[PDB]
Chemist: 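For reference, this is Spike glycoprotein solved together with AZD8895.
Order of the sequence lines fixes the chain letters, A, B, ..., with proteins taken first and strands second; residue numbering starts at 1 for each chain.
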Amino acid sequence: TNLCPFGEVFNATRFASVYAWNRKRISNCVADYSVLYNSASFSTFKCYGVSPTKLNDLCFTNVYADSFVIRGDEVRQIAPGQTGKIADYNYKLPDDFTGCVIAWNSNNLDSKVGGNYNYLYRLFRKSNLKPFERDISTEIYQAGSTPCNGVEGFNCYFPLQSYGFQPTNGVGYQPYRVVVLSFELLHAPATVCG
Amino acid sequence: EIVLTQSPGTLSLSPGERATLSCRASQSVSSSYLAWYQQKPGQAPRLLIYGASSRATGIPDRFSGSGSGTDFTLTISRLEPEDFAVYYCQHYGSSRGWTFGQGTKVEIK
Amino acid sequence: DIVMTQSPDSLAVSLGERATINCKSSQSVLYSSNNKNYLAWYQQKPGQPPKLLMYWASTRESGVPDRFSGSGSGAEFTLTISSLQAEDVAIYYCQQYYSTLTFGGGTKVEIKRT
Amino acid sequence: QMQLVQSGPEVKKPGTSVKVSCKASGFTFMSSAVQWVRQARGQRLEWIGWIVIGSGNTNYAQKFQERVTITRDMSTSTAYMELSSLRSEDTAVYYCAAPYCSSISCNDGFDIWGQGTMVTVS
Amino acid sequence: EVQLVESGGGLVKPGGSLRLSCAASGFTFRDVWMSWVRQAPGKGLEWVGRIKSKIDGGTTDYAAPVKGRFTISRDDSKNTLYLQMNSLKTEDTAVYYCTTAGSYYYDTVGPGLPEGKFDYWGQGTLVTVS
Ligand SMILES: *[C@@H]1O[C@H](CO)[C@@H](O)[C@H](O)[C@H]1NC(C)=O
């Protein structure tokens with residue numbers, strides 16, 4: 001009955017770039033989401049699954065935590081049925097998604113005075129992502145009928161673009177750490193309870 | 001920056017005659033970044049050839065690009081009154097390029 | 001190890017005169033991703049440790065006069081001082097962050113006099 | 001039908017700055033890139049710089065280094081360029097150009113040019 | 001204000017060994033990558049080596065001319081940076097500095113820099129080999 005190590009997810013010193021979003025399994029432990037919900041530290045705590053407090057009475061076979069950093073205006077894209085650059089090319093939730101999306105304001109940590117360019121997002125892809133797909137390719141994006149020679153210049157571009165995260169950014173342009181908690185009921189005894 | 005030059009700087013031809021325009025890079029890079037444009041006085045430049053050979057949409061069959069490496073050409077099988085214009089070549093490169101040649105003109109003789 | 005080189009080794013500049021320092025890397029410091037050039041410029045005076053003026057050579061650090069600005073991309077860059085003051089006499093160094101850390105040999109900037 | 005529409009003529013004093021706009025229409029802006037070229041009357045075309053719309057990345061000719069800035073605002077579907085420290089030699093017609101872009105792919109050359117903007121410095 | 005303190009310099013016989021150290025200032029030491037830089041009199045700056053912050057592997061790297069003769073370590077409970085040099089050569093004569101330079105791009109430190117800047121250098125200490 002070990003307590004789930006939520007601090008390893010929510011208190012993490014570093015977060016993955018959204019183009020290569022981190023994934024961690026939570027299993028065989030005692031969850032507490034009420035401590036998160038009542039922390040009042042989160043700018044957003046929204047469930048598309050069971051309501052934020054009703055879920056505390058439920059057991060699951062597992063929970064997955066998807067961790068990444070995006071602009072505050074992009075937080076709305078982290079939902080089922082959404083479109084836009086993050087929803088289509090970096091991270092996608094299925095229309096059948098069950099779980100919750102939690103956002104935290106990291107402007108005091110992830111921003112840098114000259115700008116923090118270590119957080120990357122995908123700008124180009126040949127097609128939209130499948131739900132929970134993680135595309136980490138760095139291959140130069142091709143456009144047009146002419147084959148790309150692997151060298152940037154015209155109709156050849158690096159697929160990723162950095163965020164310009166700075167302390168002076170308006171709230172919509174401030175970085176937010178986002179954790180998506182996906183819940184599953186597999187044909188197995190539950191391993192996660194609270 | 002790569003320097004492009006053109007020759008002849010001026011040509012004089014009668015309508016119905018075959019014409020050839022040419023250019024030379026200070027160094028060879030690739031045919032894939034070469035394009036030719038046509039300009040008339042009072043008008044913006046218009047794309048004729050790209051990829052050093054492909055026709056732009058709506059371009060007549062008499063126009064074709066040619067050549068390779070350092071030396072590229074643009075040819076017209078027979079001149080029409082519409083074809084008397086100033087022409088330019090451009091090299092896109094890997095960027096930090098995109099230079100234009102000195103230009104060439106075809107006059108009516 | 002990546003090696004940075006600088007030129008001129010030294011430049012005499014009269015007061016109020018514009019001055020520049022050129023440099024060239026053994027390889028590009030551009031990362032493709034982020035479209036950033038990992039080049040910084042440092043200032044050193046005798047008896048003192050060097051201090052940072054610009055980190056990407058595109059932006060000034062706090063306390064740095066607006067007279068200073070970097071330029072260029074890829075393997076080749078230039079630092080420009082729009083007008084030199086006596087307070088700006090120093091040895092200037094390039095630093096690369098592309099891999100580990102590298103410094104150039106540095107360039108001396110001094111006031112021209114008879 | 002794709003078209004580019006540029007801002008109209010403007011006259012500036014030396015030592016001042018000028019801004020020129022180029023509005024997109026009839027094609028996908030985000031997949032495109034915009035090139036800026038200027039031409040003095042009777043003179044050869046001169047490249048100034050270019051911008052990739054999706055990334056905002058730019059490059060400039062060494063002649064215009066730190067004299068020209070190119071920006072874009074996708075919500076206005078418009079490219080913008082600014083030139084500073086104007087000289088009488090900068091008098092020219094300024095043009096924007098871009099490849100046609102479908103939802104699938106873009107052309108491999110600058111098939112569409114704007115009508116041009118006259119800029120005079122005196 | 002932010003101030004580093006350096007010590008352990010002095011004359012060393014060739015083929016000998018020396019331990020150098022630098023005390024941390026008020027800025028968080030443990031979360032900042034640190035490096036050693038040396039400058040011989042009459043010469044330009046030369047990088048010696050670097051150590052990563054605790055969040056990372058904590059691994060180190062060295063400039064090729066000094067590799068295998070130099071070891072970098074830190075004591076987080078004392079917030080002190082150390083350099084051990086072995087088999088010293090007359091070529092190694094230099095003033096040695098401890099710095100934060102180059103760390104800001106790769107470290108986890110936010111915008112809240114105590115002086116508005118992340119670039120800190122010690123005054124260094126002279127090491128002489130003869
Ligand atoms: C992060 O650590 C702090 C330590 O005081 C704790 O108060 C907070 O609840 C933690 N956040 C978690 C576990 O999500």
Chemist: Which chain letters or ligand numbers go with AZD8895?
Modeler: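 It maps to chains B and D.
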Chemist: By chain letter, which other chains contact AZD8895 (chains B and D) with heavy atoms under 4.5 Å?
Modeler: A, C
Chemist: Which of the UniProt domains in chain A holds the largest share of residues touching AZD8895 (chains B and D)?
Modeler: BetaCoV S1-CTD
Chemist: Could you tell me what the entry names chain C?
Modeler: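 Per the PDB entry: 2130 light chain.
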Chemist: Across all chains of AZD8895 (chains B and D), which one has the maximum number of heavy-atom pairs under 4.5 Å with chain A?
Modeler: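 First place in heavy-atom pairs goes to chain D.
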Chemist: Specify how the entry names chain D.
Modeler: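 The PDB entry says 2196 heavy chain.
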